[PDB]
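Presented below is the structure to which this report refers.
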There are 2 protein chains.
Amino acid sequence: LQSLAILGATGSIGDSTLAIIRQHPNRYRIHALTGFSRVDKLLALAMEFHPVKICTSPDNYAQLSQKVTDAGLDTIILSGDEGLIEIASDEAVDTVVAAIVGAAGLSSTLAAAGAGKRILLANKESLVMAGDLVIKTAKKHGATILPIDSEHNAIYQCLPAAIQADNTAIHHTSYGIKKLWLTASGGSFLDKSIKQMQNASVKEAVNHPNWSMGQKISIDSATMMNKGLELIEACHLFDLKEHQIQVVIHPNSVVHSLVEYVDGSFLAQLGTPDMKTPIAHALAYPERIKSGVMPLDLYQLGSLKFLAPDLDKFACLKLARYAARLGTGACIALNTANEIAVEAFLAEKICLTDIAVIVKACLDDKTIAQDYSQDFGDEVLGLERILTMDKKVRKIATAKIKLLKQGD
Amino acid sequence: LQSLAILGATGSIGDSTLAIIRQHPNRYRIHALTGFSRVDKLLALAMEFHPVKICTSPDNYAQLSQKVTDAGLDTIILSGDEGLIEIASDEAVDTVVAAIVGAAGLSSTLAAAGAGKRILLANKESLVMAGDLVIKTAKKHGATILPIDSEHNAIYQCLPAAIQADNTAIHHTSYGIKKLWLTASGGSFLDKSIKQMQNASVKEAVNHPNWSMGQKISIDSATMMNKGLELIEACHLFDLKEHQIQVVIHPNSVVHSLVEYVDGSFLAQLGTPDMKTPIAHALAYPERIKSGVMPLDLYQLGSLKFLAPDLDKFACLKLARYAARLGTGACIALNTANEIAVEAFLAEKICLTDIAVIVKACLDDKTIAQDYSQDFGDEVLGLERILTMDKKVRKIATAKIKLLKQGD
Ligand SMILES: NC(=O)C1=CN([C@@H]2O[C@H](COP(=O)(O)OP(=O)(O)OC[C@H]3O[C@@H](n4cnc5c(N)ncnc54)[C@H](OP(=O)(O)O)[C@@H]3O)[C@@H](O)[C@H]2O)C=CC1
Ligand SMILES: NC(=O)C1=CN([C@@H]2O[C@H](COP(=O)(O)OP(=O)(O)OC[C@H]3O[C@@H](n4cnc5c(N)ncnc54)[C@H](OP(=O)(O)O)[C@@H]3O)[C@@H](O)[C@H]2O)C=CC1
Ligand SMILES: O=CN(O)CCCP(=O)(O)O
Ligand SMILES: O=CN(O)CCCP(=O)(O)O
Ligand SMILES: [Mg+2]
Ligand SMILES: [Mg+2]
């Protein structure tokens, strides 16, 4: 039985993954499950699946160990990055589902790559932060990356077999891949003024017309930073530069992305917007399996809309492409500044529209710019340099926010 | 150089094929080209490409041989089925593009199958008439069939590698194919009353909003018999029964068909409606090549509409599925009665809406029904039995038309 370790098991992507597993018992073994703050949920999950290991936050280590023994479970409890890395590199784990949010997922994804694991990547921030190093390390050590991100899974499904195996084949012109097309819902402020976007409450920003997701990706969807990060993710996943990857607004969230070929064929994946489809595809690959989604009814669709991105209004997407052109240092600055600004938005400290301001200022910061030319792709010193650069951006983005609330 | 024989070179599909060839001269050799009534066009094509053989109609044999020698060309002239069969089975021919319209294309397609050729099938009537025999014969003799028909080429592009090679693999549930979805423009009378459909002139029926095609497929598009024939073609091509193949109206002619998988993924081919895309894909397979189409601009699409087929209004599609369920005898009756009724419509003898009447009456005819149980799939006597049954249907459909213009 394919052995599974699920990182970020307590969150949104955690839920859909687990929902597939419950439809397919005796196909997968659950070896490990991780959470951070939701101890009780993690416990509940441990009692249900009886995993060999689980990992929680350092502040919940003791408490969770006590509850686990009180429940009479044989399960090992771990904590912090330490435990994630152990689980990600664990010898008895066949497949790792990387669904931790944000930079926090970086070390363990990198560890699964280092251990030659089959990796199901939801955690898009870890490739924005360290794409060169992640991919290099995977190839070096024989790890496989299947994308879980909906768009990237669509693109992956719509690419030839040879290129799924080896992303570099995309540059052989026989295959005739011309460009990739990323679809974006345009989030909940697509048909709203800039005025209403400033005034947005958190409830308005966090809720999405078509998708039910984690908090952060919800805010990113509203600002369109999500597509920005997806732009960089696609770059590393399919070994392209930003010029080969374009973006179309599509509010229905039915078409999930396209690959354009030289003969004029656009191969696309369509589906009801539900992460169980991409997750199910990646779990069973090369096979397929029922996912438990309510399949798309083509008779009841109506009009699928398409539209050019309004880049004044969704400057995050502008900035993301700008950063993609500058390389990894600027992609770290993009991502981390974004994490800090989103935290500030959710904490009712800035306006939704200030997220773009903060992120520009950090991209255009001289102190940050100085780091834009290091070897973040170095297999021995690269990690240390990404984590250091991350700390610096957190410091400056925070300062930037303080400054903005008065004047610069 | 891949050697090419083009059957139906003077027609619509002929034009697009040839237009690709002119963009790729150092890639294919033109070995043979065929036409029927357009002698001068065929001659013009012979002077341009200098083919080894050409074939025309029996009544133009002499005339065309005279003009060919007067032009100083070394090209052999052939005529009738005789010549088509010679060309289709010619030892120096690598690939055959079957783009003759109607049952007329049957013997030569069957001959290319019998000779183990790579075959690019536009000619959908020959598989409606003799699908069992064609496919059996191809597999027996090692012929390859790539679909040129737009919908089938879309479906083919959206299917896994293993199944492209071997259509039978589709029944292995690992691949998780659930059903196929055929898109239909709904022709030029989609948003018009039944009254206006009766009164339709030939000019109204023959012209199509999105496609420029031969006369017959144009009338079939207007009545939706085209999708009916496409339904049966898909059945034999991808080895399914009609229940696994469904139909959606899509007036924009951008999405050209879909394959639905068990996880909820719909893989689809999108493109501007232009047969150079499917033709180019089939010619270069497994590679790809520029086709000379103006590629789809996603920014300028607007609304892609989808809708259930109105089956009272497009009874041909009802009748086609009915025939598909009854098997080959009834598919011959469907197709041939359709040929005869379309000729009658174009000759200003029946109303557009009478095409469905005629075709039902022939499907429900006792004299025809008696033949619905023969072995039209027999490798030694099957052909004779299809051609005989064809002659009978032509006779009865004609009578049916005479009767209808007075009363039954
Ligand atoms: N539909 C979706 O939700 C989609 C999500 N993604 C991506 O998948 C990833 C997960 O997103 P999503 O599930 O929405 O987010 P959630 O906020 O719902 O889930 C986050 C998960 O990671 C854990 N986590 C949070 N902070 C830390 C930390 N500092 N250290 C270790 N673990 C932590 C959480 O634990 P706890 O909650 O127990 O504190 C939870 O298990 C993201 O990278 C997102 O961009 C991609 C496409 C679609
Ligand atoms: N876009 C399109 O046009 C599409 C076409 N198809 C299919 O492709 C095939 C060709 O259609 P299309 O190109 O539109 O039709 P056309 O009417 O343009 O062309 C028909 C071709 O076959 C020849 N032909 C006609 N009658 C006979 C006969 N009795 N014996 C031998 N040859 C004959 C014609 O020669 P001549 O003209 O010199 O008489 C011509 O070369 C059809 O099977 C159609 O269903 C499928 C999808 C799209
Ligand atoms: O993979 C799924 N998502 O990233 C959710 C997409 C929301 P968006 O279209 O507004 O980026
Ligand atoms: O392959 C191309 N065609 O069959 C032309 C399609 C016209 P329709 O959608 O009305 O059948
Ligand atoms: Mg996504
Ligand atoms: Mg067609």
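Chains get letters A, B, ... in whatever order the sequence lines come in. Going by the PDB entry, the residues shown for chain A are 5-412, listed in order. All residue numbers given for chain B refer to the PDB entry; the residues shown span 5-412 in order. Header says: X-ray crystallography, 2.4 Å. These values consider heavy atoms only, across backbone and side chains, with no hydrogens, waters or symmetry-generated copies. Note that ligands are numbered from 1 as they come in the structure, with each ligand's atoms numbered from 1 the same way.
This structure shows the drug at ligand 3 to be fosmidomycin. Here the macromolecule with the greatest number of atom pairs within 4.5 Å of fosmidomycin (ligand 3) is listed in the PDB entry as 1-deoxy-D-xylulose 5-phosphate reductoisomerase.
By chain letter, those with a heavy atom nearer than 4.0 Å to fosmidomycin (ligand 3) are A. The ligand atoms of fosmidomycin (ligand 3) that sit less than 4.0 angstrom from a heavy atom of A:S154 are 1 (O), 2 (C). Looking at A:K128 against fosmidomycin (ligand 3), only its side chain comes within 4.0 Å, counting heavy atoms.
Looking only at protein heavy atoms, the nearest one to atom 3 (N) of fosmidomycin (ligand 3) is A:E155 OE2, 3.9 Å. Close approach of fosmidomycin (ligand 3) to A:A188 (heavy-atom distance below 4.0 Å) involves ligand atoms 9 (O). Residue, atom and distance of the protein heavy atom nearest to atom 4 (O) of fosmidomycin (ligand 3) are A:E234 OE2, 2.9 Å. Against a heavy-atom cut-off of under 4.0 Å, A:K231 is close to the following atoms of fosmidomycin (ligand 3): 8 (P), 9 (O), 11 (O). The protein heavy atom nearest to atom 1 (O) of fosmidomycin (ligand 3) is A:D153 OD1, 2.9 Å. Fosmidomycin (ligand 3) has no nitrogen or oxygen under 3.5 angstrom from a nitrogen or oxygen of A:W215.
Less than 4.0 angstrom separates some heavy atom of A:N230 from each of these atoms of fosmidomycin (ligand 3): 4 (O), 6 (C), 7 (C), 8 (P), 11 (O).
In this structure, A:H254 does not count as a contact residue of fosmidomycin (ligand 3), since none of its heavy atoms falls inside 4.0 Å of the ligand. Look at A:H260 and you'll find every heavy atom at least 4.0 Å from all atoms of fosmidomycin (ligand 3). Source organism (PDB) for chain A: Moraxella catarrhalis.
The structure places no covalent bond from fosmidomycin (ligand 3) onto a chain. The protein atom (non-hydrogen) at minimum distance from atom 9 (O) of fosmidomycin (ligand 3) is A:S189 N, 2.7 Å. Ligand-side atoms of fosmidomycin (ligand 3) in range of A:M217: 5 (C), range being under 4.0 angstrom from any heavy atom. Heavy atoms of A:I221 found under 4.0 angstrom from fosmidomycin (ligand 3) belong exclusively to the side chain. When non-hydrogen atoms are compared, fosmidomycin (ligand 3) lies under 4.0 Å from the side chain of A:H212 (C-beta onward) but not from its backbone. Binding site of fosmidomycin (ligand 3) at 4.0 Å, heavy atoms: A:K128, A:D153, A:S154, A:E155, A:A188, A:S189, A:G191, A:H212, A:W215, A:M217, A:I221, A:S225, A:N230, A:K231, A:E234, A:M279.
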